[PDB]
Asks: 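Structure below; questions to follow.
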Amino acid sequence: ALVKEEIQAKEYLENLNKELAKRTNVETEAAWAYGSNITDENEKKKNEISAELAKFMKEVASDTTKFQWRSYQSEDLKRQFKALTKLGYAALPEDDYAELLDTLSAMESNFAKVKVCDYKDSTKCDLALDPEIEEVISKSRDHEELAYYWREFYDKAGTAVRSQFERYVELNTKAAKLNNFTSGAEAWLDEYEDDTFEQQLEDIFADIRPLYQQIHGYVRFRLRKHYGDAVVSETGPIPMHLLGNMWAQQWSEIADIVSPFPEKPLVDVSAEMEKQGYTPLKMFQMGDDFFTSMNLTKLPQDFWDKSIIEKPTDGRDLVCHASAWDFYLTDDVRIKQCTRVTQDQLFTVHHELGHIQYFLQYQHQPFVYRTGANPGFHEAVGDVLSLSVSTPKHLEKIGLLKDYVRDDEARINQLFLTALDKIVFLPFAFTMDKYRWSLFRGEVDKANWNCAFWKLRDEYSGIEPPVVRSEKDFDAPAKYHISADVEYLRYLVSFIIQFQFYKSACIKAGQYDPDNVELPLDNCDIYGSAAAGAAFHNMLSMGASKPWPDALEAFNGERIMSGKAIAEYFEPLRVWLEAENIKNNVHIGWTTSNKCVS
Ligand SMILES: *[C@@H]1O[C@H](CO)[C@@H](O[C@@H]2O[C@H](CO)[C@@H](O[C@@H]3O[C@H](CO[C@H]4O[C@H](CO)[C@@H](O)[C@H](O)[C@@H]4O)[C@@H](O)[C@H](O[C@H]4O[C@H](CO[C@@H]5O[C@H](CO)[C@@H](O)[C@H](O)[C@@H]5O)[C@@H](O)[C@H](O)[C@@H]4O)[C@@H]3O)[C@H](O)[C@H]2NC(C)=O)[C@H](O)[C@H]1NC(C)=O
Ligand SMILES: *[C@@H]1O[C@H](CO)[C@@H](O)[C@H](O)[C@H]1NC(C)=O
Ligand SMILES: *[C@@H]1O[C@H](CO)[C@@H](O)[C@H](O)[C@H]1NC(C)=O
Ligand SMILES: C[C@H](CS)C(=O)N1CCC[C@H]1C(=O)O
Ligand SMILES: [Zn+2]
C-alpha cells in the first residue's frame with residue numbers, strides 16, 4: 001500500500017542522494033584533473049569514470065519504476081524522483097556513450113590546444129587564444145592583422161573538428177530520443193520547466209531588439225570614421241574582427257573609439273590595477289570581500305588551497321576558459337581561471353565567485369537539488385555583483401577610478417559602455433542555441449551547416465566574417481561552449497534576469513529610487529548591503545528544490561521572467577541614442593551578408 005511505500009521511498013531517496021554525491025565527487029575530480037592538465041592518460045581516466053557513473057544512473061532510473069512515485073502525496077518526493085528519471089547521455093548504450101565521451105574530449109582538447117603563428121614572425125608559432133590572440137583582438141586597430149588572427153583561429157578551432165561535431169550531433173540526438181525528447185533542443189529546454197519558454201524569450205528579445213539596432217547603427221557609424229569606408233560600409237553588416245572580441249559577443253574593448261563623448265571620462269581601470277600592483281590573488285580576495293560584505297558566505301580554505309587562479313608556467317596544455325567547480329562534499333569548491341590583471345577580468349572573477357557562492361548556499365540540499373533553480377540563475381548571481389563593481393561609485397571607493405566627474409556626458413559614456421557588454425550580447429547568445437537547436441532538430445541539411453551559422457549571426461547581430469567563408473569551413477566550434485557542449489541559453493536568460501535581481505537588490509539596499517535623481521539605477525553599489533544579501537540567501541539556499549518562479553518569488557516576490565528591468569536600466573541611453581542617431585543621420589539596419597558562399 002501507498003502510505004507505507006512513501007515512507008520507504010523517503011528513506012530510499014536520502015541514501016541515494018548521498019550515494020550520488022559521492023560517486024559524482026569521483027567523476028568531478030577526474031574532470032578537474034583533465035581540465036587542469038590535458039593528457040591522454042587524464043582523458044582516459046575522465047572518460048572511464050564517467051562511463052561507470054552512467055552505468056549506475058541507468059540502474060537508478062530503472063529502480064524508480066519500482067516505486068509508485070507519481071501516486072505520492074509529497075510534491076518534494078515526486079520532484080526528486082522525477083529528477084532521477086532524467087538520464088541525459090547516460091541513457092545511451094555502453095558503447096555509444098563511450099564514443100560520445102571520446103568525441104567530446106576530442107573537441108574540447110582541440111580547442112584548448114589551438115596555437116597560431118605570429119603575424120609579424122612566422123617562426124614563432126606558440127600563440128594561444130588565452131592570452132596571446134585575445135590580447136591582439138582586443139588591442140590591435142590594424143584591420144589586416146585582426147583579420148589574419150581571425151582566420152587562423154577559426155580554421156584551427158572550428159573547421160578542424162567538423163567530423164567530430166557531426167558525430168556529436170548524431171549521438172546527442174540519439175540520447176535525447178532515448179529519453180523521449182524530440183531532440184537535444186527539447187532536452188536542454190526541459191531545465192527551464194516551462195513549455196512556453198522559447199516564445200517568452202522571443203517576446204523579450206523583440207522588445208530589446210530596437211535598442212540593439214540603434215547601438216549597432218551608431219557603432220558602425222563610428223567605425224567608418226576610424227577605419228574608412230573601404231573597411232566598413234554604411235549599409236552592410238559590421239566586419240566582426242573590428243569589434244574587439246573573437247566572436248563579437250561583447251564590444252566593450254573598442255569603447256575608446258566608439259564612445260559618445262570622447263573628451264569626457266571613459267572608465268578603464270586596467271592601468272590603475274597594474275599601477276597599484278594588483279595580483280590574481282588580490283582580485284579573488286576582493287571578490288570574497290564583496291560577498292562577505294553582504295553577509296554572505298566566506299570562501300572556505302579548500303578553495304584557496306586547491307583553486308588555480310593563474311595560467312601555469314610549465315609546458316602543459318589545459319582548458320583556460322574560466323570555470324567554477326562543485327565537488328559535492330562540504331566546502332570543496334574550486335575555480336580554474338587563467339586570470340589577468342584587467343578590468344574585464346575583475347568582472348569575470350566576480351562572475352565565477354557567483355557560481356561558488358551558489359554552491360555554498362545549497363550544499364545542505366539533497367544532491368538532486370544541488371544545482372541552480374534554472375541554468376540562467378547560476379550565471380546571473382556573480383553578474384549582479386559585477387554590475388555594482390562596474391559603477392563609478394564602487395570603482396572610486398576602491399581607488400581604481402580617480403579624478404572622475406559624473407556629469408551628463410560621462411553618464412552616457414558609462415551607460416554606452418555597459419550596453420556594449422549587456423545589450424550587444426543578447427542577439428549573440430540567442431543565436432548560439434538557435435543554431436544548435438536547428439541542427440539537433442534536423443532542420444538544416446549537413447551540406448548547409450556552416451552558412452546556416454553565419455545566416456543567424458547576420459539576421460540577429462548584423463555582423464559577418466572578415467573574409468569569405470564557405471561550406472569548406474566550419475566555424476561554430478571556434479566558440480568554446482560549442483566545442484565543449486555547454487548549453488548557451490543560460491547566458492541569454494542570465495542577462496535578462498540579472499537586471500531583475502540587480503534592480504530589486506538596489507531597491508532593498510536603498511540605492512535605487514526612480515523618483516530621486518541622486519539614486520539612479522546605473523550608479524547603484526550593493527557592497528556592504530545585508531538587506532540585498534538576505535534576498536540572495538533566501539533564493540540561493542533553495543537550489544533546485546522548487547520550480548524557478550518560486551526561487552524568484554523568494555528573492556523579490558515576482559514569478560515572471562521580464563525584460564522590464566533591463567529596459568529600465570538603459571532607458572536614459574535609449575533616449576539619448578535615438579536622438580543622436582537622428583542628429584547624425586545614422587543608417588539603421590543592414591543588407592544580407594555576402595561572406596558565406598553556398
Ligand atoms: C519512452 O517511451 C516508450 C514508449 O514509446 C517507453 O517504452 C515502453 O515502456 C513501457 C514500460 O513503462 C513498456 O510497457 C511494458 O510492456 C511489456 C510488454 O511489451 C512488449 O511487447 C511490446 C508489443 O506490444 C513491444 O513493443 C515491447 O518491446 C515489449 O517487448 C509488458 O509486459 C509490461 O507489463 C508489465 O508492467 C506493467 C506496468 O505496471 C505499472 O506499475 C505497477 C506495477 O506494480 C502497476 O500496478 C501499474 O498499474 C502500472 O501499470 C504491469 O501492469 C503488468 O502487470 C506487467 O508486469 C509493460 O506494460 C513498453 O513495452 C515500452 N515500449 C513500448 C514500445 O511500448 C519508454 O519506457 C519511455 N522511456 C522513458 C525514459 O520514459
Ligand atoms: C599532468 O599529467 C601527467 C600524466 O598524465 C602527470 O604525470 C603530471 O604530473 C601532470 N602534470 C602536472 C603539472 O600536474
Ligand atoms: C547575517 O546572516 C545571518 C544568517 O546567515 C542572519 O541571521 C543575520 O540576521 C544577518 N545579519 C544581518 C546584520 O543582516
Ligand atoms: C566566463 C563564463 C564561464 S561560466 C562564461 O563562459 N561566460 C560569461 C558570459 C558569457 C560566457 C562567455 O564567455 O562566452
Ligand atoms: Zn558562468
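All residue numbers refer to positions in the sequence shown, counting from 1. Heads up, header says this was done by X-ray crystallography, 2.0 Å. Excluded from the calculations below are hydrogen atoms, water molecules and symmetry mates; all remaining heavy atoms, backbone and side chain alike, are included. For ligands, and for the atoms within them, numbers begin at 1 and follow the listed sequence.
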Asks: Could you tell me which macromolecule makes the most contacts with ligand 4 here? Its name in UniProt would be great.
Replies: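 Most contacts go to Angiotensin-converting enzyme.
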Asks: Looking at ligand 4, which of these is it: 9-cis-retinoic acid, L-captopril, XL413, S-lenalidomide, 19-nortestosterone?
Replies: L-captopril
Asks: Got an N/O contact under 3.5 Å between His351 and L-captopril?
Replies: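 Among all N and O atoms of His351, none is under 3.5 Å from an N or O of L-captopril.
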Asks: I'd love to know which residues UniProt tags as binding Zn(2+) in chain A are close to L-captopril, meaning a heavy atom under 4.0 Å.
Replies: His351, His355, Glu379
Asks: Look up the source organism of chain A in the entry.
Replies: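 Per the entry, it comes from Drosophila melanogaster.
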Asks: Is there any N or O on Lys479 that sits under 3.5 Å from an N or O of L-captopril?
Replies: yes
Asks: Let me know which other ligands or ions come in under 4.0 Å from L-captopril, please.
Replies: ligand 5 (zinc ion)
Asks: Do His321 and L-captopril have an N or O pair less than 3.5 Å apart?
Replies: yes
Asks: Return the UniProt domain name for the region of chain A with most contacts to L-captopril.
Replies: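 The answer is UniProt domain Peptidase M2.
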Asks: For atom 14 (O) of L-captopril, tell me which residue out of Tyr488, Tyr480, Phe425, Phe347 has the closest non-hydrogen atom.
Replies: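 Comparing heavy atoms across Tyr488, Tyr480, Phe425, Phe347, the nearest one to atom 14 (O) of L-captopril lies in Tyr488.
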Asks: N/O of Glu379 under 3.5 Å from N/O of L-captopril, yes or no?
Replies: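 No, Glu379 has no N/O under 3.5 Å of an N/O on L-captopril.
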Asks: Give, by chain and number, all residues and nucleotides of other chains with a heavy atom within 4.0 Å of L-captopril.
Replies: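 Heavy-atom neighbours of L-captopril: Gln249, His321, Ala322, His351, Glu352, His355, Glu379, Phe425, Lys479, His481, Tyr488, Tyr491.
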